[PDB]
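Mineralocorticoid receptor, liganded with deoxycorticosterone.
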Amino acid sequence: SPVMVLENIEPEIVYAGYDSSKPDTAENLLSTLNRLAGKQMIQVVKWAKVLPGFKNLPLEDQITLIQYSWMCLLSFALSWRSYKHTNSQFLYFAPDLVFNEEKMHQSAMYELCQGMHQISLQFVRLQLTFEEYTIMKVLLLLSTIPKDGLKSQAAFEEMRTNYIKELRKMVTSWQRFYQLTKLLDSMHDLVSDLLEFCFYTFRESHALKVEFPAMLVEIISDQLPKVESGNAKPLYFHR
Ligand SMILES: C[C@]12CC[C@H]3[C@@H](CCC4=CC(=O)CC[C@@]43C)[C@@H]1CC[C@@H]2C(=O)CO
């Protein structure tokens, strides 16, 4: 049943809010992009809190998972918007913020922009259906746990596996499932890339003149303060 509920809960529109006009170099794209991230998060939490099964684990587990997987979320989402609106032609961050080989170019991010684009590209080729995306997206929320587990760990695995079963239910064949689960797996590869960059732009804020809101502040100072190592255990799907 969930799928139905997911269409409903599937977050809406979010504006980045960039007073575009004068030269927009690194110090410009990133502070607005971060700002953008800060607003979508308020949206992701609103989304997750009604999710089937997930809304059932105590508030502690819920927030942890959102933290260890926030980057996957937003990035996976960027791909879908880029794919739904521009046919993947571009990276649709926000209605008021679209990227062309020029924005990616002078965003000081061209390389990661290309990676997130390579994802949207896989969406087109596979011609992803909302159903698939919505379920895959829950799988990303449920894809990176604390190396040592969760309080409601047992309840957690049954849940995720159920969503697995659901995605395969949706896939109804085994090749499709496979392509989709392999896509999500690869995501773990991109996200680690996006995170190390986000982290060093964090640690080197003022000096690079790249600001972060406050919402994203309390999250990164929490996410990478010690996990820049390997206490963040992603849960792949294949080998
Ligand atoms: C965190 C980040 C700015 C904000 C974006 C993130 C990439 C994924 C993403 C996709 C979206 O659809 C909205 C903003 C955002 C969440 C970037 C990767 C590096 C960059 C920085 O490191 C900024 O200094």
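This chain uses plain numbering: 1 for the first residue, then up along the sequence. Reckoned from all heavy atoms, side chains included, excluding hydrogens, waters and symmetry mates. Remember, it's 1-based here, ligands and their atoms both numbered in the order they're listed. Heads up, header says this was done by X-ray crystallography, 2.0 Å.
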Within a distance under 4.0 Å of any heavy atom of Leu36, pick out the atoms of deoxycorticosterone (ligand 1) and give their elements.
13 (C), 14 (C)
Can you list the atoms of deoxycorticosterone (ligand 1) that are under 4.0 Å from a heavy atom of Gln40?
11 (C), 12 (O), 13 (C)
Would you mind checking which non-hydrogen protein atom is closest to atom 4 (C) of deoxycorticosterone (ligand 1), with the distance to 0.1 Å?
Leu33 O, 3.4 Å
Nearest-contact summary for atom 19 (C) of deoxycorticosterone (ligand 1) - protein heavy atom, Å:
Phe197 CD2, 3.5 Å
Which of the atoms in deoxycorticosterone (ligand 1), numbered in the order shown and given with their element, are less than 4.0 Å from a heavy-atom of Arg81?
11 (C), 12 (O)
Can you report which non-hydrogen protein atom sits closest to atom 17 (C) of deoxycorticosterone (ligand 1), along with the distance?
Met109 CE, 4.1 Å
Which residues overlap between UniProt's aldosterone-binding set for chain A and those with a heavy atom under 4.0 Å from deoxycorticosterone (ligand 1)?
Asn34, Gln40, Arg81, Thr201
Nearest protein heavy atom with distance in Å, relative to atom 22 (O) of deoxycorticosterone (ligand 1)
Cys198 CA, 2.9 Å
Which of the deoxycorticosterone (ligand 1) atoms, numbered from 1, are nearer than 4.0 Å to a heavy atom of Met116:
7 (C), 8 (C)
Return the UniProt-listed progesterone-binding residues of chain A that have heavy atoms within 4.0 Å of deoxycorticosterone (ligand 1).
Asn34, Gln40, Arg81, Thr201
Suppose we measure from atom 24 (O) of deoxycorticosterone (ligand 1) to each protein heavy atom; which comes out shortest, and what is that distance?
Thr201 OG1, 2.9 Å
Mind checking which UniProt domain of chain A carries most of the contacts with deoxycorticosterone (ligand 1)?
NR LBD
I'd like to know if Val210 contacts deoxycorticosterone (ligand 1), where contact means a heavy-atom distance under 4.0 Å to any ligand atom.
yes
For deoxycorticosterone (ligand 1), which atoms sit closer than 4.0 Å to a heavy atom of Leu194?
18 (C)
Relative to the heavy atoms of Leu74, which atoms of deoxycorticosterone (ligand 1) are at a distance of less than 4.0 Å?
10 (C), 11 (C), 12 (O), 16 (C)
Tell me whether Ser75 has any N or O atom under 3.5 angstrom from an N or O of deoxycorticosterone (ligand 1).
no
Considering only heavy atoms, does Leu78 approach deoxycorticosterone (ligand 1) within less than 4.0 Å through its side chain, its backbone, both, or neither?
both
Identity and separation of the nearest protein heavy atom to atom 1 (C) of deoxycorticosterone (ligand 1):
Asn34 OD1, 3.6 Å
Just to confirm my output: which protein heavy-atom neighbour is closest to atom 6 (C) of deoxycorticosterone (ligand 1), and how far is it?
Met71 CE, 3.8 Å
Binding-site residues of deoxycorticosterone (ligand 1), heavy-atom cut-off 4.0 Å
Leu30, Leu33, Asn34, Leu36, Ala37, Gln40, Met71, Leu74, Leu78, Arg81, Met109, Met116, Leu194, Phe197, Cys198, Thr201, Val210, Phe212
